[PDB]
Each structure stands twice: as C-alpha cells, then as structure tokens.
Amino acid sequence: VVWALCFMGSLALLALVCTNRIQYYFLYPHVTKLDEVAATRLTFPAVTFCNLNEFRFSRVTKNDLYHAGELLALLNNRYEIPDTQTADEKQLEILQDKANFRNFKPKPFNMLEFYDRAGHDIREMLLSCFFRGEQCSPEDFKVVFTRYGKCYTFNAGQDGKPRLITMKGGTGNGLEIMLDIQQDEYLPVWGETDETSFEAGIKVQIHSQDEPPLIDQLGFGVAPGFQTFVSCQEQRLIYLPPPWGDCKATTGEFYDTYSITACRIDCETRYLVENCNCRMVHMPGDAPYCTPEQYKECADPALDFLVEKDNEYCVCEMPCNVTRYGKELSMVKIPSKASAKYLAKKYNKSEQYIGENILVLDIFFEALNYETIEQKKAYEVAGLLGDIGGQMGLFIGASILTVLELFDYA
Amino acid sequence: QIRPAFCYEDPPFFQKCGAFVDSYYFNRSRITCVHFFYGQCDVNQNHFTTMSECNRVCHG
Amino acid sequence: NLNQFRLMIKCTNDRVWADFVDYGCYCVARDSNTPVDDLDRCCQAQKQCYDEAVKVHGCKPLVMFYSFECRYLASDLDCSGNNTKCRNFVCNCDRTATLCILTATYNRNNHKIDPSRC
Ligand SMILES: N=C(N)NC(=O)c1nc(Cl)c(N)nc1N
Ligand SMILES: N=C(N)NC(=O)c1nc(Cl)c(N)nc1N
Ligand SMILES: N=C(N)NC(=O)c1nc(Cl)c(N)nc1N
Ligand SMILES: *[C@@H]1O[C@H](CO)[C@@H](O)[C@H](O)[C@H]1NC(C)=O
Ligand SMILES: *[C@@H]1O[C@H](CO)[C@@H](O)[C@H](O)[C@H]1NC(C)=O
Ligand SMILES: [Cl-]
Ligand code: NA
Ligand code: NA
Ligand code: NA
C-alpha cells in the first residue's frame, strides 16, 4: 500500500507543476526578438520641412497687420507700432505706413488663408531637387499645415502617388535639395510670441507616410550656410495586442492609421475645442478656426500647456507598428569662396545673400538592411500541452499511450 | 469629496501582471473616464470593466 | 474662460452646467444690480471678479486660457500652476465661484426667468 501512497504522492506534485504552467499560460507572456533583415529595397520615407519664419514680410497686407499684428508682436494692444521698435530704417517705414489704419475699414480675415498666402512658397525656396538621379520639382511636395504654418512634404505617398524606393546605401540613392530660406523675407522680430523665432533655417522631420508630422516637437534643425548630410537607419518595432500586450492596431478618430502622433494631434484638437471653442488652422475636424486674438489669448497658451506641462490629459496607447529612423548628421560649408560668385550669378543674388540663405540637404540610407524588434508570444497552446505531457513522463512515467490505456480500462 | 480619492490616481499604464483587457479609468485632467488597457496590476482601484461604471463612481 | 469654469464646476459638482448658464441675474458672467439669492450672489462676486481682472490687470476672462488641477478635495482645487498674474487671477475668480456654488442652494424657479426681476 506504500506504493499507492507514493503514486498519488507523485501525482499531487504533478498537479502543482501543471497548475503553475497553466497559470503562466494565462498570463499570456511575451518575449522580445531582435533581428537584422537584409533587403533589396526600402521604401523611402516622407520628408516634411518648414521654414522657421512663418510669414513672408512682403506678403503681409494692411488688413493682415490689422487682425494679426498683435499676435506677431508688430503691433501693441493699441494697434500701434511699439516704441520698443528694434527695427532698421526701411522696414520701420514700410510697417509704419502699413500700420496707418486711419479711415481704414477691416475686411474679413482667416489664419488659414493667411498662412496659405503669406507662408513661404516651395516654388521660390526650392532652388533644386534630385532623387536618385532624377530631377524633382515643387509638384513633388505636398502642402501640409503644421504649428509652424505652411510646410511641405516630399514623398507623401498621398492622393494616389506611389511611395518612392531606395535600393542602395549612400548618398546617390537618396534625396538632395537646395533651398533658399529667404531671410530678406523674414518678419521683423519686435517681441516674443509663439509665432516668432530668433532662428534662421528650417525644421525637418523624416517619418513614415502612415504618420503625420509633429515637426515642432519631433523635428531636427538644418542651418543655412551648410550642406547637411543625414544618414539614416530604419528600425521596425512590433508589439502584441491584448491579451499578450497593450498595443492598439487601428482607430475607428481623425486619422485612419494609428500612431503616437495621430493620437497626440487628436488630443490637442479635442483640447483646443474644449478649452477655446476653436481649433488651430493645422488641426483636423469641424470646429471654427481660432481668430488671431484666440491664438494669443487661449490657443497658444492651451497648446503650450498641454504639451509642456499637462501630465494626464493625453497618454497615448502604444501602436502595434512603429517605424523609426536612426539618423547621423554632419555638415560642410556652402558656398566655398570659389563657388559663391557662380551661385550668386545663377540665382541673381549677392554673394552675401547666398552665404546667409542657401543650404543643401541630403537624406539617404546608410545601408538597405533594417533592424526589427518584435514581441513574440512566449508560451502558446502547443507549448503548454507538450510541457504538461513532458511533466507526466517525469512524475509518473505517463505517456500518450499510458493515458489512452486508462480509457480502455475505463 | 464628490468622487472617491482613488479616482485621482494614475492607472498602471503599460504595466503587465497578466492578460491585457479593455478597462476604463477616470482622467483627472479631462474630468471624465477614458479607455485603457489594464494588465492586472491591481495597484489601485481606478479601473473599471465598463465606461458607465467608471463614469458613475468617479465622474462625481 | 468659461470652459475652464464649467470644468471647475464639474470638478466639484454634479449639477449640469445648463442650470447655471442663465439662472438668476448674474449666472453666468452677466451683469445686473440686485442678485436673486446666494447662488446668484456667487456669480455677482465672480462677475465683479472678472471686471476687476479686466480693469486692473488687463485680462480677458471670457477669452483667455488658464489651467487648474482638480483634486480630491474641492478646497484643494489648485491654481498655482499658472505662469502669469492674469492666468493666476482669473483662475482664482473661477475657483472662488465654484466653491461658493457649493455653499449656496439651488432654486429651479430662479432659473431662466423674466428680465424684469433684475
Ligand atoms: N518669452 C517668454 N515669456 N517665454 C516663455 O515664457 C517660455 N518659453 C518657453 Cl520655450 C517655454 N518652454 N516656456 C516658457 N514659459
Ligand atoms: N511655451 C511657453 N510656456 N510659453 C510662455 O509661457 C510664454 N511665451 C511667450 Cl513667447 C510669451 N510672450 N509669454 C509667455 N508666457
Ligand atoms: N518548450 C518547448 N519549446 N516546447 C515545444 O517546442 C513543443 N513541444 C511539443 Cl511536444 C509540441 N507538440 N509543440 C511544441 N511547440
Ligand atoms: C504591422 O506589422 C506587420 C508585421 O511586420 C507588417 O506586415 C505591417 O506592414 C505593419 N503595418 C504597417 C501599417 O506597416
Ligand atoms: C535680378 O536682380 C533683381 C532681383 O530682384 C531684379 O531687380 C532684376 O530685374 C533681376 N534680373 C533678372 C535678369 O532676373
Ligand atoms: Cl500633446
Ligand atoms: Na518561466
Ligand atoms: Na517662439
Ligand atoms: Na484641468
């Protein structure tokens, strides 16, 4: 009888091991698997850029200045050129005249229309553009409005345009653009607002076509007076949805592929509508566009707060698919002394102008292979069963046969 | 005191102690309840199986 | 602005914002001379608060944004996170008024009434 005690004494211990394995399975654990994937091709990403200056000086009209002057620190709250004028001679004269509102009658005004008309024009900025040996043009850039205003996306892959592709590492197989940032067109800076900057240049974001830019937060800078090389590495991150993980596949609201940025732009929009009863002109939805006074009084502070300071309003669920681009930047000078005169003549500018306004930007991949990092289910059904039946043989000597035998017996 | 004090606690975002499931927590910045994925780390009680429940108990 | 006020109220009160929107004389942020009761007296000191905000500090309490933290205790409702006098001041006008609302009692018959009474 000592045996039947020992047999069910080994059976008890088997039950414990088995419930452990079952409890583990119902945690739905995951592990992370790293891999390097060699490729014959890569989809070239989308490339969004913005001039750091939001409004062309030569495009600001009396009416513009009337509605938006205070926003841009060109006017005080009395609609007057402030005596804190940190301006040269000619520009003050132009602005004084433009600010003469005596017997002026205000016409309708809209910030979106104002960005669209006054913002820098890709057709003037783009001195040249090449992708993989092929010449590209302003028609290859899609307009996208952002917090910086009127911006441009290369290779947006929208409106049925196919996504461009790279097939080798290195500079020849990417994008090269020459731009004129047009500093003579920069708005005089007479104060500090969210729409003005102390800086000259562009902001750039390299991103998947399935995600909108968030260029004020996640871009990188590029300076005039240099050729900048940006050597990229693609990394693909894959997460599991529930019950294994907490990644979110799609959103059934403003954007139809889910990404952190889509999430943040949704939140920001809901937050502005909720707190200001208006949206900024780059945000999606139906709500009215904030007036310049609303930008100044409510929308700029609310968005600044939400980004910088709020800790709970927006907390975005991780997306199941994330494409990320590691980047190595470096710079050389443009123009050389030997090329300044040539560039000056070619674009009808002085050499000083070329030196202050021209930049070249090269974006390309180091190598074609991309890295993948993936959450894998760590203990599926097949693994649970084969583990249970392996513990049988360890505790009892039980088997798939030994088990079928006890149905013949019973 | 209009809503319980646990309503103001952060839910355990991204923390896994088991299976992830749809849940709802009170967001003290929106002042309303919001969907999230709960992974069984019972760190506090700011998590509900349904939106209405969360809105009933914590909305006020 | 009134979106923040409305949220401050929700932070501390289950009474739907509608019931305050046109109630009495002053609710919400409307002018008059004689308040109908205690609740309407809250709005009064609130309207009185905006009017000082405007005239002394140059705030635009009906347009401007401010932030606030909703806490467990209505009393603990916090305005200290604001980074300017105006945002500080107007946040406090709204904090004062939402607390006052908690003291005062609400007569549905003083809600959306005839203009003659004020
Ligand atoms: N001219 C100013 N007053 N600027 C700021 O106040 C400010 N700027 C920046 Cl960039 C910031 N992150 N927070 C701020 N409060
Ligand atoms: N990002 C921010 N937090 N900015 C400010 O706080 C701020 N900025 C500017 Cl530019 C300004 N004129 N006043 C401010 N209070
Ligand atoms: N711990 C493990 N690695 N188990 C298995 O690999 C496994 N075993 C068995 Cl017996 C099976 N049928 N399927 C499996 N996936
Ligand atoms: C999501 O990941 C899968 C697996 O790698 C991939 O096939 C798919 O293209 C990804 N989704 C997107 C939108 O890229
Ligand atoms: C170039 O020089 C200035 C630039 O505006 C202009 O006045 C002039 O007409 C231009 N000439 C040509 C040939 O483009
Ligand atoms: Cl955000
Ligand atoms: Na284990
Ligand atoms: Na700024
Ligand atoms: Na708040």
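To find a chain's letter, count down the sequence lines: the first is A, the second B. Using the numbering of the PDB entry, the residues shown for chain A are 45-296, 299-456, in order. Using the PDB entry numbers, chain B covers 1-60, in order. Numbers in chain C track the PDB entry; the residues on display, in order, are 1-118. Each ligand, and each atom within it, is numbered from 1 in the order the structure gives. No hydrogens, no waters, no symmetry mates; every other heavy atom, side chains included, goes into these values.
- Drug at ligand 2: amiloride.
- In the deposited model, the macromolecule with the most close contacts to amiloride (ligand 2) is named by UniProt as Acid-sensing ion channel 1.
- Other chains with any heavy atom closer than 4.0 Å to amiloride (ligand 2): A, C.
- When heavy-atom distances to amiloride (ligand 2) are checked against a 4.0 Å cut-off, A:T237 comes that close only through its backbone atoms N, CA, C and O.
- Chain C - PDB entry name: Basic phospholipase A2 homolog Tx-beta.
- Distance check on atom 13 (N) of amiloride (ligand 2): every protein heavy atom falls at or beyond the 4.0 Å cut-off.
- Scanning all protein heavy atoms for the shortest distance to atom 6 (O) of amiloride (ligand 2) gives C:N83 ND2, 3.1 Å.
- Following UniProt from the N terminus, chain A has no transmembrane segment with a non-hydrogen atom under 4.0 Å from amiloride (ligand 2).
- Remark: amiloride (ligand 2) and C:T84 share no N or O pair separated by less than 3.5 Å (distance only, no angle test).
- Here the shortest heavy-atom distance to atom 3 (N) of amiloride (ligand 2), taken over A:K355, A:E354, A:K342, C:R87, belongs to A:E354.
- The nearest protein atom to atom 9 (C) of amiloride (ligand 2), hydrogens excluded, is given as A:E236 O, 4.1 Å; this is a heavy-atom distance.
- Scanning all protein heavy atoms for the shortest distance to atom 4 (N) of amiloride (ligand 2) gives A:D350 OD2, 3.7 Å.
- Lab note: binding site of amiloride (ligand 2), heavy atoms under 4.0 Å, is A:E236, A:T237, A:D238, A:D350, A:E354, C:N83, C:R87.
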Could you go through amiloride (ligand 2) and note, for every N or O atom, any protein N or O atom closer than 3.5 angstrom, writing the atom names and distance to 0.1 Å, or 'none'?
residue: amiloride (ligand 2); atom: 1 (N); partner: A:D350; partner atom: OD2; Å: 3.4
residue: amiloride (ligand 2); atom: 1 (N); partner: A:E354; partner atom: OE1; Å: 3.2
residue: amiloride (ligand 2); atom: 1 (N); partner: A:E354; partner atom: OE2; Å: 2.6
residue: amiloride (ligand 2); atom: 3 (N); partner: A:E354; partner atom: OE1; Å: 2.9
residue: amiloride (ligand 2); atom: 6 (O); partner: C:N83; partner atom: ND2; Å: 3.1
residue: amiloride (ligand 2); atom: 12 (N); partner: A:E236; partner atom: O; Å: 2.8

